[PDB]
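In the text below, chain A, chain B and the rest are named by the order of the sequence lines, each starting its count at 1. Indexing begins at 1, ligand by ligand and atom by atom, following the structure's order. Heads up: this isn't the whole entry, just a piece of it, and contacts are only counted within that piece.
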Amino acid sequence: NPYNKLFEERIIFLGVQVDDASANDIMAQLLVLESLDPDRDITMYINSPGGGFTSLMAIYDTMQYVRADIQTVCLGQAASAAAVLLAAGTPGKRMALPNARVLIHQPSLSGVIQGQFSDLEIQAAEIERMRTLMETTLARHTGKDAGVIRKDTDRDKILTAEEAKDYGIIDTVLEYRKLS
Amino acid sequence: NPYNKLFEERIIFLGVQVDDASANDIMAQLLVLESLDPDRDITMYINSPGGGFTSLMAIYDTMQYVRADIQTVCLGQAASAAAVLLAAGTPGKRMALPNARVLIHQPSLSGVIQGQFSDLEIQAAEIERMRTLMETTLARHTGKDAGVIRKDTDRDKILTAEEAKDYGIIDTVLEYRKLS
Amino acid sequence: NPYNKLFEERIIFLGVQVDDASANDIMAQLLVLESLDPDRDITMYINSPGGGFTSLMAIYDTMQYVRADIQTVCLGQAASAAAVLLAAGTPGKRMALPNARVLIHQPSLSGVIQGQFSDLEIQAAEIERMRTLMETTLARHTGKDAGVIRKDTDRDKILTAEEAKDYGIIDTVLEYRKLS
Amino acid sequence: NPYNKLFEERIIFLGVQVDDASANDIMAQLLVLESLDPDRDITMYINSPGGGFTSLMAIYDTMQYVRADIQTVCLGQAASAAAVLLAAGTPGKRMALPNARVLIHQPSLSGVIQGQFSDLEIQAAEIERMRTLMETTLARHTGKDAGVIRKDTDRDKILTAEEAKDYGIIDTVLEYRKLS
Amino acid sequence: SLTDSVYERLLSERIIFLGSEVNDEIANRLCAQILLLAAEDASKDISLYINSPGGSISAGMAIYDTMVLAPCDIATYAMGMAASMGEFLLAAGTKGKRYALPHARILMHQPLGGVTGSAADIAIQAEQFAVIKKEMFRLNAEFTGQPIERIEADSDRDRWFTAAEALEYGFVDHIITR
Amino acid sequence: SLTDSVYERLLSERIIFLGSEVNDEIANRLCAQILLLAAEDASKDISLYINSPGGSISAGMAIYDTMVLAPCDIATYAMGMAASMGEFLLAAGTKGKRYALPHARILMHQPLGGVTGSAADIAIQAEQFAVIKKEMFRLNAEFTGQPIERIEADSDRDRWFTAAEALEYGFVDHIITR
Amino acid sequence: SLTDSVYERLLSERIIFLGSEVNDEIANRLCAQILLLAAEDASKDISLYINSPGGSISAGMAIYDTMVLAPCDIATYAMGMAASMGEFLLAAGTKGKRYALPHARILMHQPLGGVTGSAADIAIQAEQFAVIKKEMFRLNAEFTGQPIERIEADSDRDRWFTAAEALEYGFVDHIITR
Amino acid sequence: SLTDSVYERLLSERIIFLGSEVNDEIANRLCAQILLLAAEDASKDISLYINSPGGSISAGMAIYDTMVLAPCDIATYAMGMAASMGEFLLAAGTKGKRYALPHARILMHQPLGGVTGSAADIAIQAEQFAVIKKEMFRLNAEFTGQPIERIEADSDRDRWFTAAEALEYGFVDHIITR
Amino acid sequence: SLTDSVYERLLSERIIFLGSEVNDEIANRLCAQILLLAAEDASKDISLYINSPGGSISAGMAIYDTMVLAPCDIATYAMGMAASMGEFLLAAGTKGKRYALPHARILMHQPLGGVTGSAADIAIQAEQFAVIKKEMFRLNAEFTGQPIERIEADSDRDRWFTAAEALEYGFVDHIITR
Ligand SMILES: CC(C)C[C@H](NC(=O)[C@H](Cc1ccccc1)NC(=O)c1cnccn1)B(O)O
Ligand SMILES: CC(C)C[C@H](NC(=O)[C@H](Cc1ccccc1)NC(=O)c1cnccn1)B(O)O
Ligand SMILES: CC(C)C[C@H](NC(=O)[C@H](Cc1ccccc1)NC(=O)c1cnccn1)B(O)O
Ligand SMILES: CC(C)C[C@H](NC(=O)[C@H](Cc1ccccc1)NC(=O)c1cnccn1)B(O)O
Ligand SMILES: CC(C)C[C@H](NC(=O)[C@H](Cc1ccccc1)NC(=O)c1cnccn1)B(O)O
Ligand SMILES: CC(C)C[C@H](NC(=O)[C@H](Cc1ccccc1)NC(=O)c1cnccn1)B(O)O
Ligand SMILES: CC(C)C[C@H](NC(=O)[C@H](Cc1ccccc1)NC(=O)c1cnccn1)B(O)O
Ligand SMILES: CC(C)C[C@H](NC(=O)[C@H](Cc1ccccc1)NC(=O)c1cnccn1)B(O)O
Ligand SMILES: CC(C)C[C@H](NC(=O)[C@H](Cc1ccccc1)NC(=O)c1cnccn1)B(O)O
């Protein structure tokens, strides 16, 4: 199996929709790699359309929590939660191949959530707290101010790898190191 | 298992719909084969109806990123994303058996995406960037100009193996090497 | 497992609907058997209702491409893609048990494909190219002229094993070799 | 596993609906048992509601084709294709336990098949050829004349084990060999 | 249709019915009936019998505005069930002419609804829901004569009233008894 | 039908209703009613009560053109809900004769829709959506008297107005009060 | 039905409506209305207000033939939306009597459809689609006065026109303005 | 209903419509209209405008028999689309009185259907389909004046005709032009 | 409804239609029409045009009993399709007054149905199906004048007849020709 073979090579794949199950798989892999060697850098390849904000914050907390550094390499697309996780890597070791996508926007609810107006007010304050927490994470990880993140992630802010490096989501664009 | 047996023989199969899961499987296989031997040519057999553009760019970035050369052999049909991945192989080692298909057209959205007119404008600019990036990739890989790719992939441009070799998608048509 | 046991005995089963997944499985098995021994004849047992034309041409290209000869033995039915793949075997080694069926007709679209009249014209020219390529393959493999194949596969041309041998789809009818 | 354990004991189970997949499984098992020992009798236990006629003829051709004799023991029901396959066993070694069912009728189409009247005429001639081939198989295997099979299988002819032995579908009724 | 026939025959007698969930279609039907009855005679009472399981606020807002802006005094009749927009439109009647049948059940609760879209869209929906709830509670305080804080504390969840309980609270002014 | 009966009876009194989502069918019904009322009397006002959750722009464009091209002065009445095409057709009324009921809720937001097809088709749909949005915003600026930049900045998302807020913005000219 | 009532009342005034997707049923209804209006008076204009999202060509062909062979001069009115068969039937009106309301949106694009059956059946459908597209483009060139090559190059994909753009292209002859 | 109203008004003028798929219900409606028009006046022409995508043969057989046995001369009018049973009933009209509108599309293909049941049932259905196809082809040869072998060779698959092509083949006798 | 209108207009002329599948509802409609026509005039013929794909026997039994017991002579007309209950009710007409249109297709086959429940219930259903089949075959032998054994041997499966074949068998007595 290639996933296990790269797991022995300290490589994690954030390759599916970011839900609680994929979040727990990524957290278990990160904790295993941290218990194995807490100094060697954990490589996280990110090709994901995102998902829930709680799974996003779980993976972010586990990436910042492990003693090993997280080299997040974005491939293809890091939308919604995967772009915040891509910026959540170790500063100076955040990579993305040149044709990868970075989609940053405010968190949204998957469908309609019904209830009384007090419960709707609570859910609205909670998604506003989610938006503020995502903006604070992107401000602390990209070097920008939270207000610039707030205007930019007001709608779908879509960037390339270079555009994400100028934005601060990644710290280096990875060249093609093919020998030919 | 024949897939694992050919994986020890440095052979990868792009044989399903190009979504994020198949993209991550192909990327994991490519990274394993690169970590095993970065000089031996990775053979990628391509029989796929394509899929998303982000998974397309992920597989393209990983194919160009690995130190091993990518001999892309198209079998049957390299449609949409699989034709761009077929052209994404190493120059001089892009193959296709004579009755294979190469379908190149502009990227489309799978269904209807709703939202406000600003979000629709953002999605339209994003799919225009996808079209321009696909045209630039095909221009840099087939030797043609991006405008010729733009007129040709305006609609479904369907080519045979010989027609793809004259077009530049492949560099060689593979003869039938049967001993009889 | 009987499939793997016969795979060590150089026997491949074309026993399901001919889609891209089954096509890639058959191609992987053929390439493994070619890499194992390129002189020993690959036996392909064919009991299939067919499927897509692109998977048909993929399996045909891989059967003609491998260095090993392809003894195609039709069991029960070889409709559509199967019958062309049955004729695609090595000349002189194409077999079918006496009560097998061979259904040859022009390729059809599975359902309705919508779009603008230019896209419909392109799809019509493509399915006409599919019909012409199937007729050319059957003419080069059965010894007949492409026009006779065109009139015969205009509708569902259904033949027995003897009728397929007189037609040229197979080169020998296999007798029942039971000892009693 | 009991199926594999009886497969080492030369026992095959025709226990599901006779479609192309079950047909190919039965053919693979028969070919493995023939390659193992072509003299030892292959026992085929038949408890099946039948299915397609092409899979029926595939299993019949493979049973007559293998060098080993086929002792078909009907349990519960040998209905439709399963009955013709029960009569398709080696003469003198066709068995059925006393409370088994044998349902013989003309082959039918599973649902409605649409198309032009020429295609419907072709499908009607094909199902008439199927009816004639089933009647010829039952006449050559049960000792009766094809016309008697034609009147009997005009509708659902349902027989017990004794009634199938007098009819000729089986050559022996198997007694209960319990020691008590 | 027999139901439409008896409805038009009671409309000729200035008796309208809020007999279903208050959606925009039934609301426009009721406002059209109110406008027709006001164009026929602007001095005779319009009897609105309400048997409704609730519905839309906008619809209820339209019915309420048509009730107040019609020169006729809208006599509302709580008939069996007045839940949500039913009780809001029942208490919206003319003071001294709001009635409850002696076994009607009146359900006053906070407006309900749904949030969707991006975070800014859900925040905008939050401002709109807060304004809607404040307007509905101020209007219910205007109708029942109760303080707005008691209205909001009682309609925080489902708050049930009988005929006498709604007469004591202020949704209706009399209990019809024979 | 009772609803169709009271609708035709108020159509005889030159009172039409935009009481559902503005699709092409309801739009053609409203334009037919407007053309009939203009053929009957071209000097009397046509009262259009709008309780609509929005709908199609084309439908709204058809209703708007029929409103302005009919010699009668179309008096619009915001009744409960005027969202999107409802507020666009409410503000489309004659100046000085656009009214809002005192508790109607008016929702102005950028036009919405979907993109489909190939990249060139979605680009063409992008040009068309940009032209549609610019035309709708210029028309709303013509109606409300506000600058087009304020219209676009406010209708970037869901923008809510009460009766007094819409009177201050310019969708309506008076607030009907008794 | 109120909608059918106002439709028949405007049919008595020789005003017909293409207010939905042009399928065979609505097409036969429109052709029956045209034949009735031609049997009543063959010298008075038939006003066809078109608010249609497109539909069937055979249906559009039937409506077009009924429009031409009708002794009456069919004055078409682009009302809000004229897409595909809507614009084809709008431009099919009498020259000098084709009008567009000042905010109607007109969508001209190559005919669409589907291919099914065997390869010979799909080839036959290809010949038929080519003949259909050539006939529609030649007819649009006859209507608008444009060359057929410009028609085919513009209607290769979705081609959008406003009122003034369609007046410049040739679908309509005047823009109704007050 | 407006559509039924204009249909009955044109039935009073002896103009019937085959405007949908020819199923047994629409067929019995058309035969009832033909029998009524023959009972009213047996010397005046019955105009049958056909815009049909095909349908059942039995239904087409019923309509055809009602057309012939009707004392009146059934003038058929190919209006837009005459496919399968539409073209069969169009060519079934009286000789010299079968017309095609100048842009109608006429499809003549072999009858289609379905087989089911046991092998004897499908064989019986095969005899019945062969007899049906031979009868339909002999009747089309009677109508168009073409040989039956040319009819069967042309209607083996979908065979398309314009107005002039159907006039040359023999489905219609004149092309209505103004 | 236009179809119901022409059906009632032909009912006034004593022409009824069996134009759908013979279920219990259509059967009771036909028996009510027969009873009404017998109450109006018991000496004039009732013309029953049958275009039916079959249906229920009970329903066919009800229609048949209403046909025979009505003092009027029920002239049946095979119109296009007479299958199962159609043919049974077509041959059920008065002797010398059963007609077939020259291209009607008549399908006589054994009654079909379904078994369900326990073994005793299915055995009871078997006795009932045997009695039903024997009664239907004896009645068809009474109608056509053929022996019951030939009826059962022919209707063992789908048995098809043209107009002349059904005239030779005995379902009808004349072939209407002009
Ligand atoms: C934008 C970044 C911060 C993350 C985004 N997350 C959300 O919008 C997700 C939506 C989602 C998508 C897929 C599956 C499940 C849930 N939002 C939430 O999980 C969420 C949960 N509670 C309140 C508010 N939002 B992403 O999916 O756009
Ligand atoms: C044309 C080449 C570049 C790739 C094409 N990809 C797309 O059109 C895909 C959609 C697709 C198509 C088929 C199956 C699954 C998903 N494009 C996208 O994923 C996409 C995503 N966001 C914006 C615009 N397009 B292919 O699948 O037609
Ligand atoms: C006739 C021979 C050449 C092969 C036939 N293949 C096709 O008709 C297939 C369709 C099919 C049929 C069954 C199941 C899945 C897909 N042809 C195609 O895949 C195809 C694809 N694009 C255009 C036209 N045809 B077979 O399925 O009849
Ligand atoms: C009667 C004997 C010969 C075999 C019968 N099989 C058929 O009639 C089968 C149909 C079937 C029935 C059940 C489940 C799946 C498929 N015959 C066919 O496959 C078939 C295929 N093409 C034309 C006509 N028949 B058995 O299933 O009744
Ligand atoms: C007295 C009233 C406020 C109490 C309840 N009304 C509401 O809150 C209703 C419930 C409802 C009905 C139909 C569709 C959606 C929501 N709320 C609304 O109509 C509503 C919700 N959000 C924004 C604007 N209006 B009642 O319907 O239970
Ligand atoms: C008044 C305007 C500015 C605001 C809103 N407009 C829209 O969102 C409407 C919503 C809608 C309705 C039916 C079908 C599709 C979309 N947009 C359109 O009608 C529309 C969408 N795309 C292209 C052209 N028109 B309203 O109509 O909800
Ligand atoms: C004015 C014309 C050129 C533009 C558009 N034409 C078409 O796309 C329409 C769309 C449609 C509608 C109903 C059913 C099938 C297809 N094309 C046809 O009607 C059509 C398609 N194939 C064969 C014959 N006619 B419109 O009619 O949508
Ligand atoms: C008129 C003839 C020559 C051409 C076409 N005929 C048919 O395909 C029609 C299509 C259809 C309609 C309804 C139900 C079943 C089948 N065929 C029949 O009606 C039919 C089919 N099998 C036996 C008897 N009649 B047309 O009717 O579509
Ligand atoms: C009239 C006879 C001779 C032939 C056929 N009639 C029947 O057998 C039909 C079958 C049917 C029809 C409708 C609903 C359920 C069952 N008659 C019956 O209803 C029926 C079925 N089984 C027992 C008793 N009556 B016909 O409908 O094809």
inquiry  = I'm looking at ligand 3, any idea what drug that is?
reply    = bortezomib
Query raised in the report: Counting heavy-atom pairs within 4.5 Å, which chain has the most contacts with bortezomib (ligand 3), and what does UniProt call it?
Result: ATP-dependent Clp protease proteolytic subunit 2
| request: Identify the other chains in heavy-atom contact with bortezomib (ligand 3) at a 4.0 Å cut-off. | output: C
| Which residues lie close to bortezomib (ligand 3), i.e. with a heavy atom under 4.0 Å? | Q17(C), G51(C), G52(C), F53(C), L56(C), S80(C), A81(C), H105(C), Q106(C), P107(C), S108(C), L109(C), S110(C), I127(C), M130(C), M134(C)
query = Which heavy atom of the protein is the closest neighbour of atom 5 (C) of bortezomib (ligand 3), given with residue, atom name and distance?
reply = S80(C) OG, 2.5 Å
Notebook entry, point to check: Between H105(C) and bortezomib (ligand 3), does any nitrogen or oxygen pair lie at a separation below 3.5 Å?
Noted result: yes
Using a 4.0 Å cut-off to any heavy atom of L109(C), which atoms of bortezomib (ligand 3) qualify? 20 (C), 21 (C), 22 (N), 23 (C), 24 (C), 25 (N)
Item checked: UniProt active-site residue in chain C closest to bortezomib (ligand 3), heavy-atom, rounded to 1 Å -> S80(C), 1 Å
### Ligands/ions within less than 4.0 Å of bortezomib (ligand 3)
none
Sub-4.0 Å atoms of bortezomib (ligand 3) with respect to non-hydrogen atoms of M130(C) | 20 (C), 21 (C), 22 (N), 23 (C), 24 (C), 25 (N)
Exercise for the section: Return a yes/no value for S108(C): is any of its N or O atoms, backbone included, closer than 3.5 angstrom to an N or O of bortezomib (ligand 3)? Expected result: yes
query = Are any of the N/O atoms in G51(C) less than 3.5 Å from those in bortezomib (ligand 3)?
reply = yes
Going by the order shown, which atoms of bortezomib (ligand 3) are within less than 4.0 Å of some heavy atom of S110(C)?
10 (C), 11 (C), 12 (C), 13 (C), 14 (C), 15 (C), 16 (C)
With heavy atoms of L56(C) as the reference, note each atom of bortezomib (ligand 3) found under 4.0 Å away.
2 (C), 3 (C), 4 (C)
Are any of the N/O atoms in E126(C) less than 3.5 Å from those in bortezomib (ligand 3)? no
